[PDB]
J.: 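Okay, here's the structure I mentioned, the one with triclosan.
Residue numbering restarts at 1 for every chain, and letters A, B, ... go by the order of the sequence lines. Scope of the values below: all heavy atoms of this structure, side chains included, with no hydrogens, waters or symmetry mates. For ligands, and for the atoms within them, numbers begin at 1 and follow the listed sequence.
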4 protein chains.
Amino acid sequence: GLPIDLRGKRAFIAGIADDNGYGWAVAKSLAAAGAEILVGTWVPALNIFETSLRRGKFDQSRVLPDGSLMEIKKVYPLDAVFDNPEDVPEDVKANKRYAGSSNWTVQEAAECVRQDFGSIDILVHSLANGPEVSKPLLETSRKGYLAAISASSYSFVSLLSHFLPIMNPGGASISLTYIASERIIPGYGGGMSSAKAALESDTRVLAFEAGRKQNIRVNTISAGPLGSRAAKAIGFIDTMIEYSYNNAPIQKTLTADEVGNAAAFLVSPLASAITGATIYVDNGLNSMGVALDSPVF
Amino acid sequence: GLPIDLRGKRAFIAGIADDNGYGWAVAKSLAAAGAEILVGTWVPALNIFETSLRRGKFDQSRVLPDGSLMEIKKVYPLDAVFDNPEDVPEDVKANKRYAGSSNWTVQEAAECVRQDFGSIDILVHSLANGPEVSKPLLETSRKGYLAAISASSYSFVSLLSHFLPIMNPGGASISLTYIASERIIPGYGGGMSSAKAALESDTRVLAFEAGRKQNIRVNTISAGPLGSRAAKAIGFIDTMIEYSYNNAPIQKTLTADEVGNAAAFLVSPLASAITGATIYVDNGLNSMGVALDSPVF
Amino acid sequence: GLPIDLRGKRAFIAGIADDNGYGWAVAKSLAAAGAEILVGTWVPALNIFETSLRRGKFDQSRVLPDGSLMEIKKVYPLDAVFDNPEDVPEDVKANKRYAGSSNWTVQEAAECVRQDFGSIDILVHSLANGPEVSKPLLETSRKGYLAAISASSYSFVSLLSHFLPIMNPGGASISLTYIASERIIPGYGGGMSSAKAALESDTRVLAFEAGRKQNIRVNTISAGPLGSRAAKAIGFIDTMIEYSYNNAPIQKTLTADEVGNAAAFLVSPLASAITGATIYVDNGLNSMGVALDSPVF
Amino acid sequence: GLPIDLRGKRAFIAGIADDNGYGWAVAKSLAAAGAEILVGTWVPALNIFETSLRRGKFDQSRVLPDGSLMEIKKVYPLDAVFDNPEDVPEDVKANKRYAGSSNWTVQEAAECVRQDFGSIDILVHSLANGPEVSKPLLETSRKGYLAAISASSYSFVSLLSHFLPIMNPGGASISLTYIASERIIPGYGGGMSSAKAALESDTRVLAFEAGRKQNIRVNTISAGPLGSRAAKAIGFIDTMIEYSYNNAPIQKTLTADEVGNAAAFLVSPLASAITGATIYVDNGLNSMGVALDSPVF
Ligand SMILES: NC(=O)c1ccc[n+]([C@@H]2O[C@H](COP(=O)([O-])OP(=O)(O)OC[C@H]3O[C@@H](n4cnc5c(N)ncnc54)[C@H](O)[C@@H]3O)[C@@H](O)[C@H]2O)c1
Ligand SMILES: NC(=O)c1ccc[n+]([C@@H]2O[C@H](COP(=O)([O-])OP(=O)(O)OC[C@H]3O[C@@H](n4cnc5c(N)ncnc54)[C@H](O)[C@@H]3O)[C@@H](O)[C@H]2O)c1
Ligand SMILES: NC(=O)c1ccc[n+]([C@@H]2O[C@H](COP(=O)([O-])OP(=O)(O)OC[C@H]3O[C@@H](n4cnc5c(N)ncnc54)[C@H](O)[C@@H]3O)[C@@H](O)[C@H]2O)c1
Ligand SMILES: NC(=O)c1ccc[n+]([C@@H]2O[C@H](COP(=O)([O-])OP(=O)(O)OC[C@H]3O[C@@H](n4cnc5c(N)ncnc54)[C@H](O)[C@@H]3O)[C@@H](O)[C@H]2O)c1
Ligand SMILES: Oc1cc(Cl)ccc1Oc1ccc(Cl)cc1Cl
Ligand SMILES: Oc1cc(Cl)ccc1Oc1ccc(Cl)cc1Cl
Ligand SMILES: Oc1cc(Cl)ccc1Oc1ccc(Cl)cc1Cl
Ligand SMILES: Oc1cc(Cl)ccc1Oc1ccc(Cl)cc1Cl
């Protein structure tokens with residue numbers, strides 16, 4: 001009697017290249033709520049994505065609670081680091097991948113969606129990129145840092161800015177952030193922490209700008225590490241999954257649907273009084289003041 | 001395809017005395033999602049509440065989206081400032097109101113629910129009280145301040161503590177707070193600001209205690225002022241409704257269902273990864289750094 | 001050329017019973033900056049304190065950088081849980097300790113200082129007490145919780161409220177809090193976490209009330225665990241000292257003067273633009289997002 | 001008896017081009033505490049600065065409490081948007097201003113200080129720049145936004161990274177931020193809000209990196225609007241000065257020394273337990289929950 005009803009709504013999801021990330025999960029959730037799904041796929045990944053999708057490689061991942069399979073109405077190539085055609089270096093233009101497709105700058109993708117569907121109700125940003133992520137900040141170059149900011153923070157400003165004209169009032173956008181913006185997380189380097197802090201601050205500022213301008217709500221979800229525990233935690237994400245499992249207020253893993261479900265709620269009319277917010281979907285880790293697994297205890 | 005499904009779940013809502021507050025709205029929301037509703041009504045208010053309910057006075061307020069009317073399975077008298085019978089002063093015991101009913105201490109109400117239904121899945125705290133609320137802190141007495149804390153913060157600890165034994169794991173609780181705990185709001189006096197700060201801190205602590213103990217999630221909603229604008233804003237709440245309307249990132253009022261809908265989501269399985277959180281359902285006011293209506297602008 | 005100059009200023013320090021806590025350290029700091037020191041000693045502790053002080057037991061602890069020894073102008077008995085004489089139970093009045101001294105309620109101590117010195121410039125609150133501190137919140141009684149709040153949070157409101165009339169404008173107060181108010185710290189039980197959250201919220205509210213009323217600044221210091229490492233960390237504080245040492249942005253212990261020095265700065269005219277603030281003097285622990293000593297790393 | 005003693009310490013202050021900003025005030029404060037002052041002046045401003053300094057134009061501004069005048073040991077040209085010579089476009093290299101001086105990239109200035117003095121104890125960052133600051137975020141270009149980030153956030157990472165090798169352990173750095181990073185402040189556009197959020201997040205991360213690496217403390221001061229009230233507030237800063245005056249917990253203006261004094265304390269040994277912190281020196285504005293001057297009240 002209380003459904004998250006997105007029927008008749010259209011969502012553009014930026015950042016889906018496979019079925020293993022949060023982007024896929026949000027899409028599944030919105031599709032379960034009834035939304036029409038449009039996807040923005042990073043150019044270099046476009047081919048394998050469309051092909052696997054075609055060969056039925058993601059079919060098990062497309063199954064909705066309903067039992068039916070999720071439908072992706074259209075996949076759009078996109079490279080969110082470029083706003084307009086004149087911004088692309090021939091160096092890039094000339095790469096085979098970018099060579100093989102077109103209309104992938106933000107301005108172009110937005111015009112194609114306008115031409116193809118005329119309007120959208122929901123904008124989901126689920127992308128990030130940072131070439132020097134494995135370096136400490138003291139060792140990150142200016143180019144590396146600006147690259148992280150450009151792909152992970154400004155890309156949101158650009159997408160929203162370019163899609164705003166076709167977003168129906170009462171619509172919403174959501175992005176994904178991570179706690180490294182507010183607390184020290186060694187290993188999340190290369191200015192990615194910096195980028196998440198900018199994205200969260202922009203979320204607030206854009207809630208005011210877009211809110212007053214078109215009645216669009218803007219929020220971000222600070223998500224925990226995604227996945228189940230590794231047989232042998234090695235690598236940044238594996239160790240974080242284990243750490244969160246041992247140390248959160250509630251001991252359990254985090255599954256992608258958990259984030260997808262929160263996002264679906266946040267972009268629905270049920271969330272009408274929520275905007276400019278940072279919602280933690282991380283098993284309550286962020287609230288803990290000490291690690292329960294420290295050997296001192 | 002994405003419903004907030006609470007069918008087969010039972011909720012005990014503490015703090016409903018009429019249909020004009022947030023308590024009523026949360027109940028409506030949970031009832032729309034399919035939950036069985038039990039209500040805790042403050043002793044002195046019990047009579048007029050049950051009577052108006054009986055005369056059909058709240059019928060228009062009971063209408064669910066469904067078109068059907070909300071059913072309150074049972075109303076329990078309750079006074080959350082008293083944990084057990086031996087805690088009550090004969091002075092109180094002897095008052096006609098308290099005289100007219102029984103089993104109203106927290107320990108007693110919990111045993112009655114156990115006897116009557118055996119278990120519950122959701123605990124909603126929607127109550128507060130503060131005798132010196134109109135006084136600045138510099139003028140609030142020790143008794144007044146402790147009274148606000150006892151009824152508005154400790155009452156949550158007591159309810160959760162007494163109901164925990166009958167809460168099915170995977171269950172959840174939710175309370176309502178207000179921004180005066182974190183920022184200065186002149187006029188919210190008598191230690192009520194103090195009480196909301198304690199309630200929010202306890203929410204975090206209890207998410208860990210109850211989370212690890214019984215897999216129960218615990219969150220609080222920081223709500224905005226409830227109601228539409230007054231013809232002539234006079235009084236603390238009227239002026240705050242107008243201030244929020246003029247100054248929030250999105251200009252609109254806040255209706256009770258807006259909070260009820262967020263609560264319904266938060267206590268559902270869809271919110272499984274969210275606990276120890278303070279969720280703002282206030283049109284994004286809290287994020288603003290300046291009042292847009294200040295005459296300097 | 002830039003001295004923290006408190007010469008000609010008078011400070012009343014509530015909460016000194018020995019030379020091992022933060023209260024003693026703040027007094028030392030203020031005394032080094034030139035302030036006249038008045039002390040509020042908890043009644044039951046009064047005797048051993050004055051006696052040890054007299055026998056020269058604290059002499060090594062009184063040595064100022066200057067080489068000279070700190071002078072305590074006057075020790076006042078005090079019990080900050082009682083505002084006025086009529087508030088004391090004969091049960092308490094009759095105890096030998098309370099029996100042996102007088103003028104120890106907040107209202108009385110304030111009148112004595114007025115009679116003795118006429119005015120003060122600085123108010124330091126360095127006290128706390130919580131009978132059920134070793135119990136989890138789920139096991140804390142209403143009386144235990146209210147007792148923690150009454151002695152650890154409301155006592156500040158009372159002292160400030162009673163001393164405000166004799167505080168010279170441009171004066172300041174400072175209290176000590178702890179991170180358990182904002183983050184989950186297992187082991188800081190009995191409502192002490194709740195009390196620290198109320199104290200921090202009251203700090204903000206009182207900065208506005210006292211600021212506008214008498215140009216008095218009000219801030220609180222969120223301090224880390226005090227002391228060097230135990231040979232064998234056992235007990236809440238020992239383990240926390242070790243945890244902070246291993247996990248803070250800068251690896252070192254925290255000494256009492258470190259907090260005393262920050263307090264001296266905060267109550268001086270140099271801090272004229274700082275009020276309603278929570279200053280962390282904890283080696284930057286609070287900023288960390290993960291424990292570096294978790295075995296997963 | 002409690003002096004902020006910086007005698008024998010050397011400070012490099014990046015961002016002084018005149019005597020009207022916070023940079024000048026921090027320098028004055030450090031000079032009053034006894035530090036040897038080195039200044040980093042933005043290339044295009046270098047000439048008028050050195051000349052006015054020479055003609056005694058800033059003499060009244062150089063007067064220390066002491067009565068003596070502040071001495072600037074050496075002015076270094078600097079452009080913090082360029083890390084190394086190969087990073088500069090001939091387009092810039094060729095401009096007369098950049099043409100007239102040398103050794104102004106971050107790497108070069110750091111080597112000159114090393115050659116000239118060998119080491120420093122304190123690093124002060126007091127600079128920012130944002131070409132599109134007057135535009136809302138929805139209208140800011142990718143280049144404009146990245147430019148703000150590059151000059152206002154990454155410049156700090158670069159300076160610290162390049163000076164770290166010559167900073168004596170136990171040293172400290174301080175930067176200046178503004179609340180627009182955490183709350184919505186209409187008018188602080190062009191990604192400057194984004195840049196301040198990144199700078200604050202980097203402050204935390206660098207407190208860990210530099211703290212563990214060389215025992216260097218890193219903090220930032222969130223300052224209020226600088227200056228007294230305008231006869232007619234027009235322009236972003238004038239209106240903000242008036243707004244803060246009317247709305248802060250304590251009604252008064254903010255003078256540059258107020259910030260300079262806090263900075264001097266923060267970079268001194270007295271602040272040894274403080275790192276990764278955001279200290280508000282803004283008359284407590286940030287704590288307010290509503291504007292007292294809103295017409296609704
Ligand atoms: N994975 C986690 O544990 C976790 C935790 C917190 C936040 N997040 C955030 O969630 C979002 C999704 O990350 P994920 O973990 O699902 O990984 P993912 O690789 O599935 O998602 C990142 C996506 O960004 C896309 N992308 C990269 N550069 C792009 C560009 N220039 N243009 C267009 N698309 C580009 C990739 O193709 C990819 O689909 C990110 O914002 C990430 O920071 C992830
Ligand atoms: N109304 C608002 O604008 C607003 C904004 C933020 C938060 N809130 C919070 O929402 C909750 C609900 O408030 P509301 O505005 O709906 O008002 P309300 O009067 O409808 O709710 C308060 C309830 O507390 C009950 N109550 C008081 N003392 C009690 C006691 N000793 N034992 C048992 N019940 C007792 C009353 O009977 C009443 O039903 C409170 O926690 C309040 O602080 C309200
Ligand atoms: N010790 C730490 O590691 C630490 C860390 C953070 C905060 N703090 C805070 O610092 C303050 C000082 O604590 P401390 O550790 O120095 O211990 P302490 O025992 O030296 O200080 C507490 C003081 O409170 C006094 N006191 C207790 N009940 C009182 C009453 N009813 N009336 C008057 N005085 C009373 C005691 O006599 C004692 O002097 C407290 O507020 C505490 O919460 C301490
Ligand atoms: N002025 C205020 O009210 C206020 C309030 C909060 C924070 N702040 C912050 O205080 C710091 C100082 O600002 P201010 O108001 O004193 O103004 P200011 O103009 O005195 O300081 C900014 C300085 O940055 C320098 N600068 C700009 N681009 C540079 C570059 N590429 N390389 C080297 N130097 C460059 C300028 O030459 C100038 O000296 C900034 O970080 C600002 O954001 C100012
Ligand atoms: O933000 C994240 C946080 C976590 Cl715990 C795990 C993955 C994350 O996502 C990214 C991190 C860095 C880069 Cl370069 C790209 C992405 Cl998608
Ligand atoms: O918390 C509240 C906040 C707002 Cl804006 C309006 C009403 C609120 O609710 C209360 C406030 C004080 C007392 Cl004594 C009782 C209640 Cl129910
Ligand atoms: O607040 C504190 C925090 C820490 Cl880590 C250590 C001691 C503290 O101080 C107290 C804690 C509880 C009680 Cl009952 C009394 C006091 Cl003085
Ligand atoms: O940060 C600031 C905040 C305020 Cl209230 C006033 C001035 C500030 O400083 C700047 C703001 C924008 C740019 Cl482009 C450069 C500088 Cl120095």
J.: By ligand number or chain letter, where is each copy of triclosan?
T.: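 Every copy is at ligands 5, 6, 7 and 8.
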J.: At the binding site of triclosan (ligand 8), which chain contributes the most contacts (name from UniProt)?
T.: Enoyl-[acyl-carrier-protein] reductase [NADH], chloroplastic
J.: Which other chains does a heavy-atom search at under 4.0 Å around triclosan (ligand 8) pick up?
T.: D
J.: With a 4.0 Å cut-off, strictly under, does atom 10 (C) of triclosan (ligand 8) pick up any protein heavy atom?
T.: no
J.: Report which residue and atom the deposited model joins to triclosan (ligand 8) by a covalent bond.
T.: none
J.: Which residue holds the protein heavy atom closest to atom 14 (Cl) of triclosan (ligand 8), what is that atom called, and what is the gap in Å?
T.: D/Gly130 N, 3.0 Å
J.: Around atom 3 (C) of triclosan (ligand 8), find the nearest protein heavy atom and jot down its residue, atom name and distance.
T.: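 Ranking protein heavy atoms by distance from atom 3 (C) of triclosan (ligand 8), first comes D/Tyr188 CE1, 3.3 Å.
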J.: Per UniProt, some residues of chain D bind NAD(+); which of these have a heavy atom under 4.0 Å from triclosan (ligand 8)?
T.: D/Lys196
J.: Tell me: protein heavy atom nearest atom 16 (C) of triclosan (ligand 8), and distance?
T.: D/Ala128 CB, 3.9 Å
J.: Do you know the source organism the PDB entry gives for chain D?
T.: Brassica napus
J.: Name the residues that contact triclosan (ligand 8) at heavy-atom distances below 4.0 Å.
T.: D/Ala128, D/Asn129, D/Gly130, D/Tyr178, D/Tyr188, D/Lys196, D/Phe236, D/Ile237
